[PDB]
**Q** 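I am attaching a structure below and will ask some questions about it afterwards.
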Amino acid sequence: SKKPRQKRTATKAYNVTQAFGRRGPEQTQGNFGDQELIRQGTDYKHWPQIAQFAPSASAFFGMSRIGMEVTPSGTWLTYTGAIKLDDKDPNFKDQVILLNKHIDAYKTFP
Amino acid sequence: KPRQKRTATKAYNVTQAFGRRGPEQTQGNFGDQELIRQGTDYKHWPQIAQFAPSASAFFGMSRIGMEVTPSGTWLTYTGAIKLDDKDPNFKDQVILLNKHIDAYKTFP
Ligand SMILES: Nc1nc2ccc(OC(F)(F)F)cc2s1
């Protein structure tokens, strides 16, 4: 509470589930994080290699398709986009692996 | 810098950093001419940035995917961020966002 969801920072004391809800399949529900990342948030020891893909505020509003939806639950800013991985980075294969490790990982555990 | 880490300013504007506004899948659609020219130097930039996610929230709130396409591998993201209708500034936020969403459709 108090901090708007989008400005929260997950850590061990206030983790991904607590800040952003349980992972799952539903449309506006987050799907990213294995058990380790869920429990640790930005305390995850490989967090920097994930965060390198997160957009600056400028890039979020510069790159994304932004929209607004007014529904019975309130007014929502929608966003969609895509960020290209740098295939010239020697760490590219590892980046693909790390991201894929967390995408839909929740399917494998309660 | 990697596109996602760029910061648009008067010196390096939204077009220069993030491409022309348009309808295409990997084009941005946000910003009127003033915001495009000024980026984070825009007078109401803070009132826009309040909606941008932290890195933690970006990966926490979003639906993330990975797509292999002819040009390479892309991290996809989508989600929704709720406005606080109890915020005294709510009506002003709606106006500001409406001013910038798809503004490019009206440009000369
Ligand atoms: N559900 C989705 N399918 C796709 C396919 C391609 C795409 O473009 C990209 F740039 F990411 F490659 C984005 C998406 S989101």
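The sequence lines are taken in order and lettered A, B, and onward as chains. Note that chain A carries the PDB entry numbering, so the residues on display, from first to last, are 255-364. Numbering of chain B is taken from the PDB entry, so the residues present carry the numbers 257-364, in order. Quick check of the header: X-ray crystallography, 1.3 Å. First listed ligand is number 1; within each ligand, the first listed atom is number 1.
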**Q** Provide the recorded name of the drug at ligand 1.
**A**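 The name is riluzole.
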**Q** I'd love to know the main binding partner of riluzole in this entry - how is it named in UniProt?
**A**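 It sits in most contact with Nucleoprotein.
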**Q** List the other chains that have a heavy atom under 4.0 Å from riluzole.
**A**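 By letter, the heavy-atom neighbours are A, B.
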**Q** Report, in ascending order of atom number, the atoms of riluzole lying under 4.0 Å from any heavy atom of A:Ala336.
**A**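 Answer, ordered by atom number: 9 (C), 10 (F), 11 (F).
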**Q** Which single UniProt domain of chain B covers most of the interface with riluzole?
**A**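 That would be UniProt domain CoV N CTD.
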**Q** Starting from atom 15 (S) of riluzole, which protein heavy atom do you reach first, and at what distance in Å?
**A**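 Protein heavy atom with the smallest distance to atom 15 (S) of riluzole: B:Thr332 CG2, 3.9 Å.
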**Q** Nearest to atom 14 (C) of riluzole, what protein heavy atom do you find, and at what distance?
**A**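 Checked against all protein heavy atoms, atom 14 (C) of riluzole sits closest to B:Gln281 OE1, 3.5 Å.
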**Q** Which taxon does the entry assign to chain B?
**A**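 The organism in the entry is Severe acute respiratory syndrome coronavirus 2.
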**Q** Counting non-hydrogen protein atoms only, what is the nearest one to atom 12 (F) of riluzole? Give residue, atom name and distance.
**A**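 So the nearest neighbour among protein heavy atoms is B:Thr325 CG2, 3.0 Å.
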**Q** Just which atoms of riluzole are under 4.0 Å from any heavy atom in B:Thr282?
**A**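 Here the atoms of riluzole in question are 10 (F).
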**Q** Just need the protein heavy atom nearest to atom 5 (C) of riluzole, so name the residue and atom and give the distance.
**A**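 Nearest neighbour among protein heavy atoms for atom 5 (C) of riluzole, to 0.1 Å: B:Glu323 CG, 3.8 Å.
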**Q** Identify the binding-site residues of riluzole at 4.0 Å, heavy atoms only.
**A**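 With heavy atoms under 4.0 Å, it is A:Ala336, B:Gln281, B:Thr282, B:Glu323, B:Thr325, B:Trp330, B:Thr332.
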